[PDB]
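Structure note - phenacetin present.
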Amino acid sequence: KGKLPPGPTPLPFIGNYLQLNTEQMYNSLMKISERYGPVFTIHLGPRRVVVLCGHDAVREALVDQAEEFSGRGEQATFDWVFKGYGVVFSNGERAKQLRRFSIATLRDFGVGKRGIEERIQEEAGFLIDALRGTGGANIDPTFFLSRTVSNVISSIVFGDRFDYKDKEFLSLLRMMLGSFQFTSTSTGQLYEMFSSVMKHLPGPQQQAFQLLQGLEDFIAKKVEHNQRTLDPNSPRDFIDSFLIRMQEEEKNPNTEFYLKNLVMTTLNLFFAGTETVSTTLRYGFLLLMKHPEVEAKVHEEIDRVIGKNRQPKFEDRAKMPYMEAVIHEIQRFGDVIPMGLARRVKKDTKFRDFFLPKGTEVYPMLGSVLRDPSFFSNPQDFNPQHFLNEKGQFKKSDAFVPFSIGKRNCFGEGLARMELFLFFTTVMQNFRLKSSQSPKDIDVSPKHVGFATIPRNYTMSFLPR
Ligand code: HEM
Ligand SMILES: CCOc1ccc(NC(C)=O)cc1
């Protein structure tokens, strides 16, 4: 045919807005999928987007045609601050340069290595201490968990951890959580469509912008302090590395290594390295209270493989298939980034006898892969067995795509995996969880779904084992 994928008919400017619910974007698009197939075109206001549903559609595009689908599309709320600068929301040579440098700098600062392992273990101990200080009292885990995750990437980017009592530290975390939650609301989803008007209008979007601006002002501040203390022979952190790279590139008029990219790349890492893991942890713990028998089984393995005295280390995962299945199932159930992060085609693309013009936006529906009925027996349930064979051994899935796949996939994946393993395991080793509520009545359905999947507010207690 050589045509754009089929889809419902758009109206000028508003696009397919009347055919969609902004409170439930994922459900809206999946419903439209039922009629037009797993590869269809939608109009998010003025934005023309090809939607890829289910495993085969997403993998075929994003891996089998990796280079063709490896452009970055928009996220309107985040583009408000980044403006195409920094590593995440950027394109071509910019994205290429920053991605290469960031991957390399994270390694030099210990990621994938012993150095960051020791850093995560130290921070996990500070979490345990904090959770003991609650004295088994009913509490909101939110910022306890976010504090601990954040201090890991903070270590890499700013040179050291924040004090848990730093009021500015909690301030930044509130900005992150707030901006994130916004993008998952119906207004955040409306904004994805009508940002041309809405960025200039009053509303909840303006407050979202203010939190993002806060985060920007704080990085800009940390950079200035690093510049006026810089030893160009001994970098303390990501910032100093980037500042040093900037010096070496000072006579290259076409460099990507300028101040704005430094500020934005550093914001990307601080944000990405905090909020997704945090959210996964919070959702994980509530999932576990809803399924206390899963927790029982987690406990059996921890006590057997690790025992009571030593701290979990990363290699313990090799001997711990049940824990590996549990964390996999949390990432699968939680589905933190349900519609991925928008890609776009780099040049004129043929895909499944559709034609996709250059610059075409693409929604890889990661949530529809994580729930694909061809890969999971009961996609709607929480069930570690999804990731286990008959002998109780860990079973990988091609449908396991929470970090996405292809050329612009998550490069924090390894860090994220190390953190989820060590934080989950050290908490579970030290505490049993208690809900303020009866396991029968715990609501594990999402509070919001949009750009992210946000779980419902809850309190709990950590009782010593
Ligand atoms: C459970 C935790 C995490 C999840 C579920 C997650 C998910 C994702 C997803 C879905 C993308 C979009 C990739 C694509 O376009 O296909 C992404 C990109 C990205 N993530 Fe993660 N992430 C997690 C943790 C992290 C961490 C810890 C970092 C810290 C460095 C990080 C940094 C990034 C960056 C810099 C990108 C953009 C890469 C690019 O555009 O080339 N993420 N992540
Ligand atoms: C889709 C990848 O996950 C992310 C990555 C970055 C961000 N936010 C910022 C400000 O970088 C939010 C979510």
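Numbers for residues simply follow the sequence, beginning at 1. Every number for a ligand or one of its atoms is a count from 1 in the order of the listing. Per deposition record, X-ray crystallography, 2.2 Å.
In the structure shown, the parts corresponding to phenacetin are ligand 2.
Going by contact count, the macromolecule most engaged with phenacetin is what the PDB entry calls Cytochrome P450 2A6.
Within the 4.0 Å heavy-atom criterion, both parts of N268, backbone and side chain, lie near phenacetin. Atoms of phenacetin found under 4.0 Å from any heavy atom of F82, numbered from 1 in the order shown, are 9 (C), 10 (C), 11 (O). Distance cut-off 4.0 Å; other ligands and ions near phenacetin: ligand 1 (protoporphyrin IX containing FE). Taking every heavy atom of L341 and a limit of under 4.0 angstrom, the matching atoms of phenacetin come to 1 (C). Looking at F180, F403, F271, it is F271 that brings a heavy atom closest to atom 8 (N) of phenacetin.
Nearest to atom 5 (C) of phenacetin among the protein's heavy atoms is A272 CB, 3.8 Å. Near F451, with a cut-off below 4.0 Å to any heavy atom, the atoms of phenacetin are 1 (C), 13 (C). In this structure, residues within 4.0 Å of phenacetin (heavy atoms) are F78, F82, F180, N268, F271, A272, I337, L341, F451.
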Please give the N or O to N or O pairs under 3.5 Å between phenacetin and the protein, distances rounded to 0.1 Å.
from, atom 1, to, atom 2, distance (Å)
phenacetin, 11 (O), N268, ND2, 3.2

